[PDB]
Undergrad: 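Hi! I'm looking at a structure that contains cetuximab and have some questions.
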Amino acid sequence: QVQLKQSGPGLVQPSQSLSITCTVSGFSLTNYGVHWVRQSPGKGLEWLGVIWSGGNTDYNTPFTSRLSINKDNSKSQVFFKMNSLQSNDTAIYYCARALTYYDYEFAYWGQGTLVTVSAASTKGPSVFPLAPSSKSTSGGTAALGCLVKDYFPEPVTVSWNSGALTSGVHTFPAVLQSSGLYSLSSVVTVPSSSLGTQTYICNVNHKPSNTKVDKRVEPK
Amino acid sequence: XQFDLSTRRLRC
Amino acid sequence: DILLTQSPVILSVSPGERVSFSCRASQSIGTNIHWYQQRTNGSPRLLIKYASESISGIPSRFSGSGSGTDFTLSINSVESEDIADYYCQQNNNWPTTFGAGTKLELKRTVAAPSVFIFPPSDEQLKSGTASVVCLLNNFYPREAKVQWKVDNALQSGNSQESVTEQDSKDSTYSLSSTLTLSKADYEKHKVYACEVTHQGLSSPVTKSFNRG
Ligand SMILES: *[C@@H]1O[C@H](CO)[C@@H](O)[C@H](O)[C@H]1NC(C)=O
């Protein structure tokens, strides 16, 4: 099938440059143009530019001076680069493909790349268990989770049992602490009878800091 | 409304 | 550029009902408008192209109409899976532009939260910080009160809340309240209590524990 896979999220300093790679499959870059769209809290969805199948590029006028898009047809990769980033350039960046080679109706999207523009440093999270107990077990249902604390920047992916456990899972939106670091909890409800036989592990991946942690959560 | 980068949803 | 205005900002309906989204343009753009859906943590999903033309893989309940400056996206029978934001896009003029979006919320029957409390881990205490987590699980509506008391002393300012987006399956919310204090302070107190107030509760629910 048609897929667009983007490079991971990360931190970019003010006045520095941003680079994102878009690897595509299910079609050839010699047949289709690839567009770049961003989504920010201030300006919402914003079309940035496009690299056409022939090699020609168009940039939205406010970005023409600091945008450049390249590609390697053989490697099926498209390269996005934007100079002199400022704080309101903090956004999710998408690469996308249209239905036809010339049009602008975006039928296929990349997973997005959250780019944060700050002067701070990247920091991995510590992961602490939220142990199930009587204080969290009612009607045969036990609750347990993981505390993902003190990281920067967003995002952090949390899964349970390597993806095998999805129902009952709640990964709360991160909150910004006074320290300027994010913190969140991910919880899941399970049968209390499975606490003795099933292992429960939250899989934490903070891509910006390359921090991967598997945390086993047990009753205390 | 304001777009939330964390949840990819609108926060009103 | 072409300014697209989406109205209203928020939209709250009940399952099975029909709902319409409005997208108005600053000047005529013919039928050159596309619609998108954004679910939680997702990328946009093309729903309708060119005002009314349908898209493969998109449920029949999604339709569109309009020409000139007034356009309408419709869902004839809303499901819980439809909880998302909806954006319009014009491409009659360069560069292509998007509207600000409309948030679709669903109504459901009142559901009282299940309340669980988590004392800080011994692992976290090794760092010199204590986090007490109070979980309010699967409730509707969103409004809820969480009161923290440590040794009968009302806590204020030292806790943070986070609320999930609406669940696509049962349309509920979950809430976390995290009381954070130093390891020193945590060891100087005994009773930690979390008191929950919600419409679905005939009485406030208190979850608590004694340190040790
Ligand atoms: C950020 O600030 C610049 C000026 O430095 C302004 O032109 C622009 O509107 C802002 N960008 C966004 C996307 O909010």
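So that the names make sense, note that chain A is the first sequence line, chain B the second, and so on, each numbered from 1. The header says X-ray crystallography, 2.6 Å. Just so it is clear, the values below take in all heavy atoms, side chains as well, and ignore hydrogens, waters and symmetry mates.
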Undergrad: Could you help me spot every copy of cetuximab here?
TA: chains A and C
Undergrad: Just wondering - which macromolecule does cetuximab hug the most here, in the naming of the PDB entry?
TA: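 The largest contact count goes to Meditope.
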Undergrad: Write out the residues of other chains lying under 4.5 Å from cetuximab, heavy atoms counted.
TA: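 By heavy-atom distance, that gives Unk1(B), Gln2(B), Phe3(B), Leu5(B), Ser6(B), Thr7(B), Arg8(B), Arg9(B), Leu10(B), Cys12(B).
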